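Pictured: 14-alpha sterol demethylase, co-complexed with voriconazole.
This chain uses plain numbering: 1 for the first residue, then up along the sequence. Order of appearance sets the numbers: ligands from 1, and atoms from 1 within every ligand. Values below: all heavy atoms of this structure, side chains included; hydrogens, waters and symmetry mates excluded.
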Amino acid sequence: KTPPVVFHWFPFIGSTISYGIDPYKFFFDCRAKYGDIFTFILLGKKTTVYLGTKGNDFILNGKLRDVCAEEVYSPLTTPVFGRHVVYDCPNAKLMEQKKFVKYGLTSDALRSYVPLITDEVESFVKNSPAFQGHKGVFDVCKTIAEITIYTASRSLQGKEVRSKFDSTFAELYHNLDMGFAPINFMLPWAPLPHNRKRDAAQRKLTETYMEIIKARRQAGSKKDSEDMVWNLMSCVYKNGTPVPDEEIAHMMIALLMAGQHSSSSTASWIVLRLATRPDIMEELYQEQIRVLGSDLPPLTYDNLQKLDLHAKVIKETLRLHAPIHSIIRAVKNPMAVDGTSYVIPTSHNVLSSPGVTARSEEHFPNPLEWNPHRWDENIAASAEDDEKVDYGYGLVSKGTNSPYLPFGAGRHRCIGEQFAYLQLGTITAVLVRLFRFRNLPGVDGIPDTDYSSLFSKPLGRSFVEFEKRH
Ligand code: HEM
Ligand SMILES: C[C@@H](c1ncncc1F)[C@](O)(Cn1cncn1)c1ccc(F)cc1F
């Protein structure tokens, strides 16, 4: 049987439609019939799925030779981010690029970001049409996407980029973002207009970033703390070569896209969940009074860390809504399941879904319930029991006895996690100070999840009520 093949009704299209609408149900159904191993092919390819912590570990801590990350994602991502970065290079190069970024994301940089982020959010609320007036409704995703783009560009991308978003960067991003179109799952190369727009934006962004850098050199200065003034200096690879401006530009673009899509989606889910749960939001608010005090002094890198429930709300949301549902590798050499008869072959993709474990009864009783309090068992912005293996950058716990891996594990694990927590936690705390949220009358629960795009996000246009506090 090799790995059980998934009984479907058509060639090529296979089960993909089933996948596309909802993978998790799809995976679960598959699980029920076939257990922890499946095979369905989506589009062209045979994607082999290993569920379970072991399923997770196998693929995520899979051997460098045996599974390849870039061959799967490079075409799609590479046109977008640019050449030579992320997946446009051998793994070793990737590891050094992660190193530079993680280098640029130390606590003292993180500290520097918090005031900037609180400033952008507070400025947005004051100056934006979104929250004008005491009581109102607003478009969550649109509103939240703007906030995350402002907060990340000010802190991480820096002043010039932030300034640009006022002019010309908004459209560029939107155009570039078309590179993540579902047809681009198959046809990234083809010169459809949207692809031609994508290529046009990518070039233009690169020219801009490069001019920003060159201008900095021209004055040969520094001032705080963006990954930019950081990649200028964290120039050098082991070979002794400093990172070229173009690479810096393409790295920034990658970080921009990555952070924005992940942040905006997650942040959206947080606002949506909170709207459903006025009790939690008040508790969050009550936490700030209790822990920071009645005065509600300004949020800092230090005092944020006390927001245990805020931390929990993010964790709980990540558990159910994290935008990445499927992690995929290209099988380079046939691989032996430690357990079983099945052998996984080269014509195959391997797909792991930590979200599944994430929403399993064994691992999480009543998993589908969005309850932050379930975490009263533990909290880690940084986690847990397993071994730490250093690949390049730092010392990453590939640890995989954890059912909960929103940020992945092994050599491909997120280096943006701390930043993401900082950003989300900060945005959440501010909003909680400023607002109450309710559902529109007669509206219960939350919209559905749209898995059609590479990242997943709330489906429709969802409005929710906002009430201000003073
Ligand atoms: C909630 C937000 C985020 C989530 C859920 C998230 C999730 C993940 C996941 C699951 C992976 C591993 C995927 C794989 O092995 O292919 C990953 C890797 C990564 N993430 Fe994130 N991420 C988030 C935010 C960010 C941010 C803000 C950045 C940049 C600032 C970032 C940059 C990266 C990078 C560079 C990798 C490396 C992937 C690789 O080496 O192949 N992420 N992220
Ligand atoms: C490849 C992509 C992905 N992988 C698997 N399933 C869905 C997906 F969107 C992703 O892992 C998403 N991601 C990672 N951190 C934030 N977002 C990724 C990683 C690094 C990056 F530089 C850009 C980027 F999109």
Practice prompt. Indicate which ligands or chains correspond to voriconazole.
Written response: ligand 2
Worksheet item: If we only count N/O pairs under 3.5 Å, is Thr77 in contact with voriconazole (ligand 2)?
Response: no
Fill in: Identity and distance of the protein heavy atom lying nearest atom 25 (F) of voriconazole (ligand 2)
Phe455 CZ, 3.4 Å
Discussion item. Could you check whether atom 8 (C) of voriconazole (ligand 2) has a protein contact, counting only heavy atoms that fall below 4.0 angstrom?
Written reply: yes
Discussion item. Using a 4.0 Å cutoff against the non-hydrogen atoms of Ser326, which atoms of voriconazole (ligand 2) qualify?
Written reply: 5 (C), 6 (N), 7 (C)
Discussion item. Please tell me if atom 2 (C) of voriconazole (ligand 2) is touched by the protein, where touching means a protein heavy-atom distance below 4.0 Å.
Written reply: no
Discussion item. Taking 4.0 angstrom as the limit and counting only heavy atoms of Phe81, give me the atoms of voriconazole (ligand 2) inside it, by number and element.
Written reply: 23 (C)
Worksheet item: Evaluating non-hydrogen atoms only, which member of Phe180, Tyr73, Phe407, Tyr87 is closest to atom 20 (C) of voriconazole (ligand 2)?
Response: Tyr87
Practice prompt. Among all protein heavy atoms, pick out the one at the shortest distance from atom 13 (N) of voriconazole (ligand 2); state its residue, atom name and that distance to 0.1 Å.
Written response: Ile324 CD1, 3.7 Å
Item to complete: Any atoms of voriconazole (ligand 2) less than 4.0 Å from a non-hydrogen atom of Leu454? List them with their elements.
Response: 7 (C), 8 (C), 9 (F)
Worksheet item: Is there at least one protein heavy-atom neighbour under 4.0 Å from atom 18 (C) of voriconazole (ligand 2)?
Response: no
Discussion item. Any idea which residues from other chains are within 4.0 Å of voriconazole (ligand 2), non-hydrogen atoms only?
Written reply: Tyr73, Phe81, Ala258, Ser262, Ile324, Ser326, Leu454, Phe455
